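Featured here: a structure holding iclaprim.
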Amino acid sequence: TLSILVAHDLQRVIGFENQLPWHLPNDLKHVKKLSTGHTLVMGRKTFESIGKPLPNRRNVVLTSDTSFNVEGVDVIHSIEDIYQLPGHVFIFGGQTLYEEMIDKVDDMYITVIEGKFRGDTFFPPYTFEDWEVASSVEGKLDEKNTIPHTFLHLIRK
Ligand SMILES: NC(=O)c1ccc[n+]([C@@H]2O[C@H](COP(=O)([O-])OP(=O)(O)OC[C@H]3O[C@@H](n4cnc5c(N)ncnc54)[C@H](OP(=O)(O)O)[C@@H]3O)[C@@H](O)[C@H]2O)c1
Ligand SMILES: COc1cc(Cc2cnc(N)nc2N)c2c(c1OC)O[C@@H](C1CC1)C=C2
């Protein structure tokens with residue numbers, strides 16, 4: 001199983017200066033829950049953003065750099081290597097990966113952040129004409145989680 005994992009705002013911003021533009025613990029708990037015991041694929045920039053392997057799952061980092069050999073982390077140098085990986089594979093970011101994989105994944109788990117932020121990286125445009133809403137569940141707003149947000153599970157029609 002090949003899935004995208006992404007959080008994006010109303011204009012499909014995903015990134016600003018190699019960080020997330022928003023602070024939203026719920027989303028991060030969601031990511032954790034979904035991908036425990038499974039595999040994350042991710043481009044070098046996103047990994048260096050996170051700065052160390054994510055515990056309790058297989059971290060795979062896609063890079064052109066053949067000197068890459070980080071403890072905790074498996075490296076690949078081709079998009080095609082993704083299809084070799086066993087198990088549930090989540091495409092974890094960032095923009096380059098999403099663009100490369102979006103026509104290939106079986107489904108997407110998306111957090112829509114119901115705000116407009118300044119970004120420098122984006123999720124590719126997509127149509128619900130192409131993608132069916134298997135579930136839509138509103139994040140809960142609270143002291144700690146203060147932007148409206150919706151958990152979409154979409155599956156390719
Ligand atoms: N909202 C979210 O859910 C979310 C999730 C993840 C990331 N982000 C954001 O996304 C932004 C980063 O996106 P980005 O596109 O700039 O970076 P990125 O996708 O994380 O990484 C790009 C790098 O990945 C490697 N790569 C990609 N495709 C490759 C290929 N086909 N073959 C070999 N290597 C390949 C290359 O590394 P090398 O140059 O080393 O070869 C490339 O420079 C950040 O702002 C981050 O905060 C948001
Ligand atoms: C740009 O830096 C980060 C990028 C991601 C990828 C990501 C985040 N949220 C969602 N809904 N999907 C993702 N693929 C995550 C992240 C980042 O920095 C912290 O935190 C992780 C932490 C919660 C485990 C979760 C995903």
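By convention here, the first residue in the shown sequence is residue 1. For ligands, and for the atoms within them, numbers begin at 1 and follow the listed sequence. Computed over heavy atoms, backbone and side chain alike; hydrogens, waters and symmetry mates excluded. For this deposited structure, the header notes the method as X-ray crystallography, 2.3 Å.
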Every instance of iclaprim
ligand 2
In this PDB structure, which macromolecule forms the chief contact with iclaprim (ligand 2), named as in UniProt?
Dihydrofolate reductase
Under 3.5 Å between some N or O of iclaprim (ligand 2) and some N or O of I91?
no
Interfacing atoms of iclaprim (ligand 2) (cut-off 4.0 Å, heavy-atom, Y98):
14 (N)
I keep wondering which UniProt domain of chain A most residues near iclaprim (ligand 2) fall into. Any thoughts?
dhfr
Note all other ligands and ions lying below 4.0 Å from iclaprim (ligand 2).
ligand 1 (NADP nicotinamide-adenine-dinucleotide phosphate)
Hey, which atoms in iclaprim (ligand 2) end up nearer than 4.0 Å to a heavy atom of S49?
1 (C), 2 (O)
Please say whether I50 places an N or O atom under 3.5 Å from an N or O atom belonging to iclaprim (ligand 2).
no
List iclaprim (ligand 2) atoms under 4.0 Å from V6, heavy atoms only on the residue side.
10 (C), 11 (N), 12 (N)
Give the residues of chain A annotated by UniProt as substrate-binding that have any non-hydrogen atom less than 4.0 Å from iclaprim (ligand 2).
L5, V6, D27, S49, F92
For chain A, which UniProt NADP(+)-binding residues keep a heavy atom less than 4.0 Å from iclaprim (ligand 2)?
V6, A7, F92
If you measure from atom 9 (N) of iclaprim (ligand 2) to every heavy atom of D27, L54, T111, which option wins on shortest distance?
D27
Write out the residues of other chains lying under 4.0 Å from iclaprim (ligand 2), heavy atoms counted.
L5, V6, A7, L20, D27, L28, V31, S49, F92, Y98, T111
